[PDB]
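Muscarinic acetylcholine receptor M1 bound by atropine.
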Amino acid sequence: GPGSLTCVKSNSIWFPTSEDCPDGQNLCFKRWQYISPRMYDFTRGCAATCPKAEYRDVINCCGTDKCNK
Amino acid sequence: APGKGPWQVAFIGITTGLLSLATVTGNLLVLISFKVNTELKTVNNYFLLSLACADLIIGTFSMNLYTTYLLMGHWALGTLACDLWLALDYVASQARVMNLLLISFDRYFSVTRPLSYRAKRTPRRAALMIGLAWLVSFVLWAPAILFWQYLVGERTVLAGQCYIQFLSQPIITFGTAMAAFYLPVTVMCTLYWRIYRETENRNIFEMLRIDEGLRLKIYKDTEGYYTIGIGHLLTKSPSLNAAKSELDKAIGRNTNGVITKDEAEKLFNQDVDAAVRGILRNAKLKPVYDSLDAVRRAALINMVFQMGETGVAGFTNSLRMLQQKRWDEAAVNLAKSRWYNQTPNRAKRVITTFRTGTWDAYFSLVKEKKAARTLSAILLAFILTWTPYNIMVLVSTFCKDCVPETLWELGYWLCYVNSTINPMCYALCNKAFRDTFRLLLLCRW
Ligand SMILES: CC(C)CCC[C@@H](C)[C@H]1CC[C@H]2[C@@H]3CC=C4C[C@@H](OC(=O)CCC(=O)O)CC[C@]4(C)[C@H]3CC[C@]12C
Ligand SMILES: CC(C)CCC[C@@H](C)[C@H]1CC[C@H]2[C@@H]3CC=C4C[C@@H](OC(=O)CCC(=O)O)CC[C@]4(C)[C@H]3CC[C@]12C
Ligand SMILES: CC(C)CCC[C@@H](C)[C@H]1CC[C@H]2[C@@H]3CC=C4C[C@@H](OC(=O)CCC(=O)O)CC[C@]4(C)[C@H]3CC[C@]12C
Ligand SMILES: CC(C)CCC[C@@H](C)[C@H]1CC[C@H]2[C@@H]3CC=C4C[C@@H](OC(=O)CCC(=O)O)CC[C@]4(C)[C@H]3CC[C@]12C
Ligand SMILES: CN1[C@@H]2CC[C@H]1C[C@H](OC(=O)[C@H](CO)c1ccccc1)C2
């Protein structure tokens, strides 16, 4: 949004919440982190830069209100 | 970019179709041989039938779809096929461990409650046990794997992948390993440990059962004294009214002269623990009991059960020979005893028990060692194919990344190999499956 930016917030397997981005973080990320073959740790939130995508990671970035749903 | 795969996936990919066929055919044999042969219909094998049903689902659906997913690197069968594959795999795997619990407890209650538990050990109640085990396995995993995405309102599983959505957190996979594997394995190991020590007591029960008799109602013994159960003297008073009151003292219930099957076992355990405790407090019987093996300690417990601690301690030469491991020479001395001349055949059975070191004078124990070996095989085959993956998920939770990807695929795969070798254990352990499989494969039914 213009000035303000709210991302979906998720660090667990339960219902997601919403986070108001602090100044300097203008992106919403949706991040699947690889640990073991069928294991992907799923996180959603706000960030200043997109996290580094390692081997077998899938990361989606965007700058719209709640675009990482 | 070309992908250079490891030799492990080549190993998994080629042999999976071959092991899938071996799993389904071997598990169809136990299924059909159970229907063709009415003699295989023993309560022990009914549990094995439920394991084979779980092994059949793994060999038909779980094993093949795993290897397609492994070899393609993604799930191309849609979102619904993923949920069904995960459900069928986890429910069947949970039914396996739930069954292995039932088999373990069944041996435990059969040995610790020989008269009580086997009294109600019918092919009908074992069906309820198998039915409930498959029911709880379904209710735990099936509605959760299929409908968790509908509960949280979103499907967060990666689009090209296939896994349980509510285990998509590393700490949760640790807890599931502890609760679904490590907790059931520890209780099975403790049950397996207790069975080893309790079967000695089970044999003493059957030993004394034929020597001392078994009656649930008060009766006069060979000396005219009122007795109930396995040689439990109630009173030496001529009035049976004292016998009823003494029975009401040991059993906190208005017995009116009769006890139940459970109550008989409790009196036997109290009397045999008092017998072995009388052995331990005696300085003459302390060394000989410790030195002897399980079968000969049972014969010593028999004599103490019959006469008493101070009665058996008088046989100084015989005890001095049993501690000295001179069995044939000690057998002729106890024949010289007044004990030998008074009881007709109990003494001779106890004598042959010392010199032979076997139970041959009482029973054979060839059928029960066979079933115990069948138990030991299915548990050990479960441990050797499931702990690798589970010690990996353990170290994966603490160590960041030090278990290779090739080992995960092997360990995950090795759990499937358990389903392939259960029929092999059956034909190797039970010689009735072995022969019934031969007439089915050669078309001789
Ligand atoms: C009659 C058939 C159905 C039974 C045998 C089937 C499999 C058990 C065999 C067939 C081809 C064999 C494979 C042939 C070649 C190799 C490569 C070999 O690679 C190495 O030795 C070093 C590898 C490296 O350094 O990268 C490891 C064993 C393996 C996978 C073999 C494993 C066992 C396989 C899959
Ligand atoms: C379709 C997928 C999702 C699951 C397939 C599971 C089958 C392998 C299970 C489900 C119902 C089971 C059957 C349900 C009840 C019986 C009766 C039972 O009959 C007896 O043992 C009594 C003696 C006799 O009739 O011969 C034999 C096993 C059998 C056929 C079971 C065999 C294995 C079955 C077919
Ligand atoms: C398809 C998946 C999800 C469930 C598979 C369930 C089977 C593994 C369970 C459910 C019904 C159970 C059967 C239901 C009834 C019987 C008959 C029962 O036979 C007797 O009671 C002996 C006396 C008589 O034959 O009447 C022995 C257990 C058995 C085979 C049970 C064995 C295990 C079965 C097949
Ligand atoms: C179904 C039964 C009757 C026959 C199939 C037996 C297999 C399940 C056994 C037999 C040979 C075993 C394998 C022999 C050698 C190894 C190498 C061993 O070490 C390595 O893989 C090297 C480290 C690495 O490169 O990752 C890991 C286990 C494994 C695959 C063993 C896993 C279990 C195997 C495949
Ligand atoms: C889907 N898993 C099951 C069958 C193949 C994989 C590997 C095994 O995973 C487990 O051992 C875990 C516990 O660590 C488990 C999950 C559900 C039931 C029993 C065991 C069972």
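Sequence lines set the chain letters: A, B, ... in the order given, protein chains first and strands last, and positions in each chain run from 1. Numbering of ligands and ligand atoms starts at 1, following listing order.
Within the model, the positions assigned to atropine, copies included, correspond to ligand 5.
Every other chain with a heavy atom under 4.0 Å from atropine is listed here: B. For atropine, the heavy-atom contacts closer than 4.0 Å come from B/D89, B/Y90, B/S93, B/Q94, B/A177, B/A180, B/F181, B/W386, B/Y389, B/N390, B/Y412, B/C415, B/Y416.
Among protein heavy atoms, the minimum distance from atom 17 (C) of atropine is reached at B/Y90 CD2, 3.5 Å.
The protein non-hydrogen atom at the shortest distance from atom 18 (C) of atropine is B/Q94 OE1, 3.6 Å.
The protein heavy-atom contact nearest to atom 20 (C) of atropine is B/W386 CZ3, 3.5 Å. Of all protein heavy atoms, the one closest to atom 3 (C) of atropine is B/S93 OG, 3.5 Å. Scanning the protein heavy atoms around atom 6 (C) of atropine, the nearest turns out to be B/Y412 CE1, 3.4 Å. Close approach of atropine to B/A177 is summarised as follows: ligand atoms under 4.0 Å from at least one heavy atom of the residue are 13 (C), 14 (O).
Transmembrane segments of chain B with a non-hydrogen atom under 4.0 Å from atropine, numbered from the N terminus per UniProt, are 3, 5, 6, 7. Ranking protein heavy atoms by distance to atom 10 (C) of atropine, first place goes to B/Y389 CE2, 3.7 Å. The protein heavy atom nearest to atom 15 (C) of atropine is B/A180 CB, 4.2 Å.
Near B/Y416, the atoms of atropine lying under 4.0 angstrom from a non-hydrogen atom of the residue are 5 (C).
Checking only distances, B/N390 does come within under 3.5 Å of atropine, N or O to N or O.
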What are the distances between nitrogen or oxygen atoms of atropine and protein nitrogen or oxygen atoms, counting only those under 3.5 Å?
residue, atom, partner, partner atom, Å
atropine, 11 (O), B/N390, OD1, 3.2
atropine, 11 (O), B/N390, ND2, 3.3
atropine, 14 (O), B/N390, OD1, 2.3

